[PDB]
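Figure: benzylpenicillin (bound form) in its bound pose on Beta-lactamase Toho-1.
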Amino acid sequence: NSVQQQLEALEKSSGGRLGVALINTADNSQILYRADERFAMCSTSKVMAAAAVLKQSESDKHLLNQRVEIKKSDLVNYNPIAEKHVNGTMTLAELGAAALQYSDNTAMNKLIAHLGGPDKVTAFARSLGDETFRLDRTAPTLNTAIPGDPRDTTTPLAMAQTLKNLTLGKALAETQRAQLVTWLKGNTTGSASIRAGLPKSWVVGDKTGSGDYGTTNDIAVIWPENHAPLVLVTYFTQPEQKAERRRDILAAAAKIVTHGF
Ligand SMILES: *C(=O)[C@@H](NC(=O)Cc1ccccc1)[C@@H]1N[C@@H](C(=O)O)C(C)(C)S1
């Protein structure tokens, strides 16, 4: 019962479409399941927005500190930290933190706003050699996850490759890179996703995602106790527009692929 057989059974039993991509930084080997298929990134795209700003902070020693005003008209569906700062301000850095660690949607838009639109995030991705990733809308519409809809999608492999480069590779300058990582490890929303499928003693930084069509995503970087890091992307989506999220499926995927590390 190969890993693939385990994944296939998982997908089948879930009555959904599972997308998995793990890269073992130890030997650069990987495990792939529908990893070349497009899935709606949902909030996992936030990482690209954050990295985009860190990249330009490399060239702007003042950037990250710059303050941003938070008005009640900025609030959208999910703004856990943006609200607390309505009538006050938030620095680019704080926005980055709220967007990744709490997946604050207002935060994401501010970041997109600052960058010059979704098209810019896409450009930043292209500049990072990622030719798959594409951001088309802002929060929360980027979370429609309509089957076969090209907008705001990527492939598990492409995201997996990029996450690696950003967190453990040549993408960001050391300081920025470390900052990104710090944010990912601090995420508070992935407790039941990938993290729930790994040894509790292992270090993980991740960015979850939720959307229509019961789309359930999580992308993470894992630091095993005595092994090189592992980069894992787990996307899951369903046929019925109002299907429930299945974070447990993500956990199962992680447990499955994580085995033997
Ligand atoms: C990113 O995916 C954001 N998603 C939404 O705004 C749509 C949504 C879906 C289900 C319930 C509420 C809102 C935010 N990121 C996800 C996530 O990290 O899983 C949230 C559920 C935090 S909303």
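If you read the sequence from its start, that first residue is 1, and numbering goes on from there. For ligands, and for the atoms within them, numbers begin at 1 and follow the listed sequence. Quick note: numbers below take in every heavy atom, side chains included, and nothing from hydrogens, waters or symmetry partners.
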**Asked** Per the PDB, what organism is listed as the origin of chain A?
**Response** Escherichia coli
**Asked** If you measure from each non-hydrogen atom of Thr208 to benzylpenicillin (bound form), which part falls under 4.0 Å: side chain, backbone, both or neither?
**Response** both
**Message:** Under 3.5 Å between any N/O of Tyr102 and any N/O of benzylpenicillin (bound form): does that happen in this structure?
**Reply:** no
**Request:** Please indicate, with yes or no, if any protein heavy atom is found under 4.0 Å from atom 8 (C) of benzylpenicillin (bound form)?
**Result:** yes
**Message:** With heavy-atom distances below 4.0 Å as the criterion, list the atoms of benzylpenicillin (bound form) near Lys207.
**Reply:** 18 (O)
**Nearest protein heavy atom with distance in Å, relative to atom 5 (C) of benzylpenicillin (bound form)** = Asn143 ND2, 3.3 Å
**Asked** Which atoms of benzylpenicillin (bound form) are found less than 4.0 Å from any heavy atom of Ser43?
**Response** 1 (C), 2 (O), 3 (C), 4 (N), 14 (C), 15 (N)
**Item:** Under 3.5 Å: N/O of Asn77 near N/O of benzylpenicillin (bound form)
**Value:** yes
**Prompt:** At under 4.0 Å between heavy atoms, which part of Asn105 makes contact with benzylpenicillin (bound form): side chain, backbone, both or neither?
**Reply:** side chain
**Message:** Can you name the atoms of benzylpenicillin (bound form), numbered from 1 with element, that are less than 4.0 Å from a heavy atom of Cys42?
**Reply:** 2 (O)
**Item:** Subset of benzylpenicillin (bound form) atoms that lie under 4.0 Å from at least one heavy atom of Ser103
**Value:** 1 (C), 14 (C), 15 (N), 18 (O)
**Prompt:** Who's closest to atom 19 (O) of benzylpenicillin (bound form) heavy-atom-wise, of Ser193, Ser210, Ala40?
**Reply:** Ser210
**Request:** Using distance alone, determine whether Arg245 and benzylpenicillin (bound form) share an N or O pair under 3.5 Å.
**Result:** no
**Request:** Can you pull out the closest protein heavy atom to atom 23 (S) of benzylpenicillin (bound form)? Residue, atom name and distance to 0.1 Å, please.
**Result:** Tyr78 CD2, 3.9 Å
